[PDB]
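Entry with etravirine: notes follow.
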Amino acid sequence: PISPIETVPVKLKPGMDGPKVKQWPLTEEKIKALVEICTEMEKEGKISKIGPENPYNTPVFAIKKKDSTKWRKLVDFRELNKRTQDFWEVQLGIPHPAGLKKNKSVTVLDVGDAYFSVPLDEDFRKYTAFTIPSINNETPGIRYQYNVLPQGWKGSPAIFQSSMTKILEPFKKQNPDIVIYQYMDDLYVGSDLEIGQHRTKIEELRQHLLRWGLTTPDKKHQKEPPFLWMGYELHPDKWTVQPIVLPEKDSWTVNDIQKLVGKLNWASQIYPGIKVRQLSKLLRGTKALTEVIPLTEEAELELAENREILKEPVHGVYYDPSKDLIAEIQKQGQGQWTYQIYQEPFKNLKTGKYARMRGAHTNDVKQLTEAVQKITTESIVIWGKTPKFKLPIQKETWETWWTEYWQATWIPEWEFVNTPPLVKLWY
Amino acid sequence: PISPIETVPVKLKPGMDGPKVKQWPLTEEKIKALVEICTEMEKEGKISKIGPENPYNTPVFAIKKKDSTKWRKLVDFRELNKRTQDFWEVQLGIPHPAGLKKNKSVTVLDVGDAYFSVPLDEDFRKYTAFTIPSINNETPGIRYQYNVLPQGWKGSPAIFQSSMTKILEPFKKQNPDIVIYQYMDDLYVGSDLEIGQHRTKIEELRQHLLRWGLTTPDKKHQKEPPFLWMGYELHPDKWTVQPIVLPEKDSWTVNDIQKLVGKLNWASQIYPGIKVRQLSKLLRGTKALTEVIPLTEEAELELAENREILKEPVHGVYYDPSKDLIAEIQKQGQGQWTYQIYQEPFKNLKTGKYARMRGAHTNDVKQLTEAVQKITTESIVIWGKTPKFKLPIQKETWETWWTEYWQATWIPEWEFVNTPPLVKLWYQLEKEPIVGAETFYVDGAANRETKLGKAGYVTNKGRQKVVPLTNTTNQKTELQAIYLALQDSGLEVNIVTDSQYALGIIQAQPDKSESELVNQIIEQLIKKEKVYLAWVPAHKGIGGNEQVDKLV
Ligand SMILES: Cc1cc(C#N)cc(C)c1Oc1nc(Nc2ccc(C#N)cc2)nc(N)c1Br
């Protein structure tokens, strides 16, 4: 009942103006997808065509979700978000369930659909301007602007929150043990139930939303068993700590102890438990690398004490909502990729290792871009928000492919990094 | 005539009003020049004589451009253009000829007074107010206001295009085959219908525009192949660049050299082989607009060879959505690479080069991928797809490379091209140490102040050496030392440093570097049969290097 015609006065933050981000160019494949997608949207009246009194423009890509047929237009409202929604991380913000990271299972459902009902502030519409490009500019971009809550723009959830709470009301009644956290376009439903039990609580809700006003595609695809894995289920309860493990050997050469010395040294901004002064000196002479050095020591009481202190998780690390999370990833080989989420250098909040294959059909990008997605999700569960990536790939290369295997409706923020040298020895 | 087109609404930047710049009286020869003109405009509805309180004014100059009888009025909008809201910018993107499909026959029109035929947001005319001087008497507030896209304003270009686009639309629908390209004042129209039919459709579109008030100053089509467009010459199976005349002075200043790289890079779209690293290298911190800069043997030679490549023409062909897109790369030098993309052999669509940014050191495999990437991004723009890459690198050199390389990467499938010089790994480091091979504990330091330093080694066999170094860096020495080692070692060796810095510069396994010293090492590495590099704690944890740190 906002005085304005169902428009919830939306407003960019003070002394801030609309987004003017460039549209990267896409393959003809995608241009075609996007024009088919948008021509409909125009007809369903979700978007309308704009003119030249609109300097504004946010990017847009075409991706393929859980499916492998129909395409999907994914707008990159990152800039528009930073420019509005912070004045909407407050006003109409949505709190975060500390237990969700706790529950046994968590399933994510995509409700980005509801939005297209609720009309957008007629005054703000102008900022959702996106352009569909031409090949070789042999014509000017097709220009459209939203009239409804666009999906992707952190405005929608916020604005729409009311309507949600309401819908979910019944379900939260019957089932009161189950948590439901929304984040942008997804619902994160978690339970203590057993496998198929949980998958029933979900499917009920699924049917609940579905019978009461809103479409709801993915948790999964179908009942057809082909022995796949793209069905999206989650389990906060296990994912935990890190393999900051030292090697277990039989014939220790110098090179072998020499390293052990600096790997254990490295952990001197982390675990206090060791300074290998004693183990270091066990090689003051200038012996040979290939050579062999024995076990009796004044110093081994260290590989002793240390081999265990490195197993007790360090405390003194505290999340901080004000600060931005920063995730790093190292390519480790054999389709293996480690990672750490921190806020303040060497005070790691979470450190894991997404792996896929070793040499199948997968490839370096795809995995990276898959590990990201993983980490991003884990992140949204734990602290209810996406981190900022320092990705080990060349800017231009990522910009050409990430679209490819990309699946989520959100885009984290990223930057590209150097040759972490010995930092690669984290696993 | 004028136009029934809807107007695009405009407005001034939030909290800003119209310009109020007064007129600088002048030659009554011009005050009489303008008056004539303005009358011919108002009689055409373009301009509109206004009243008293239209505060706004914008200077109107009148220049009878040299060697021409008529005069052309000129209004200076700078002020309004600062008060006008920003627009969706006029496609800055220019298509690349290599991406233009075909069309047996093309016509180019010339929507000139075009902008003067498109309506101007009513409520926005006020600010177009301008005045022409009263000969000093009767105080003429001879005031005229614009009712169209003033040939100078900010939103003029964009709004024209929009307005034009909306226009074509109808015509476009009755001839889904005729493709038309609009840009500035041109309108390129092309058909697959013999000159007979085709001309019908041009004459046709012609009047169509005219009913929209758009008058095309061409009884026939003033088209004159080749087309002199955006620095290119357009032909019926060939496209190339316009005359690229490369200067030759006894003295070159920064802006001299710049304009040169420019003409070079542009020429590189089709003149295979154009190099430019050395030249541009000259322009460094070269923020001295006019400061003579002596060329280098390097620069002159490149410049030379460039003159050599230019002396004989080269055409580029158009495009076939039907055939394939293939791009090949070949190495031509100092970390310089050149390429060309084609659908059929010995003709090209376009060509191009590639060198590394001021980035410390590189490597052949890394660099070639870097080229492939550039070609890929470019191909998606021009053609909207990725070409088939034929590359001079054995697939095993690249896997052993990408695989062990610490950084993500994905190059579509290519195809080996025996045409040497091949791209190979000049060497590899033993991942695992070397038994029997001597072990050198290498080191080098310098007083961060006195600018002095020394490099030297210590071995398992008891051999040692220290070499004096002056004017160096705690850095150039850490490498110095590694290098000293590789020098005295034998066919096989195990070096060990306290420099993650040095460690990592070699670790990357470069083959080319700006740093002569590294190149120095890169040399030696070649010779070694087996080389193993290791990094113990730089300082503190003082293991075996505990003894090279002191006497170095
Ligand atoms: C002629 C032209 C120029 C510019 C711009 N700028 C832009 C476009 C979209 C054009 O149409 C096309 N012209 C040609 N070749 C061509 C044919 C004849 C002549 C002549 N005479 C010149 C070029 N091939 C196409 N696929 C297209 Br589409």
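Proteins get letters first, then strands, A, B, ... in listed order; numbering begins at 1 in each. Whatever order the structure lists ligands and atoms in, that order sets their numbers, starting from 1. The analysis underlying the following values was restricted to heavy atoms, covering all of them including side chains, and did not include hydrogens, waters or symmetry mates.
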What is etravirine (ligand 1) bound to here, taking the chain with most contacts and naming it as the PDB entry does? Reverse Transcriptase
Help me out: which other chains have heavy atoms closer than 4.0 Å to etravirine (ligand 1)? B
What is the residue-level binding site of etravirine (ligand 1) with heavy atoms closer than 4.0 Å? B/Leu100, B/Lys101, B/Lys102, B/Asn103, B/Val106, B/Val179, B/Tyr181, B/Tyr188, B/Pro225, B/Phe227, B/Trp229, B/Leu234, B/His235, B/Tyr318
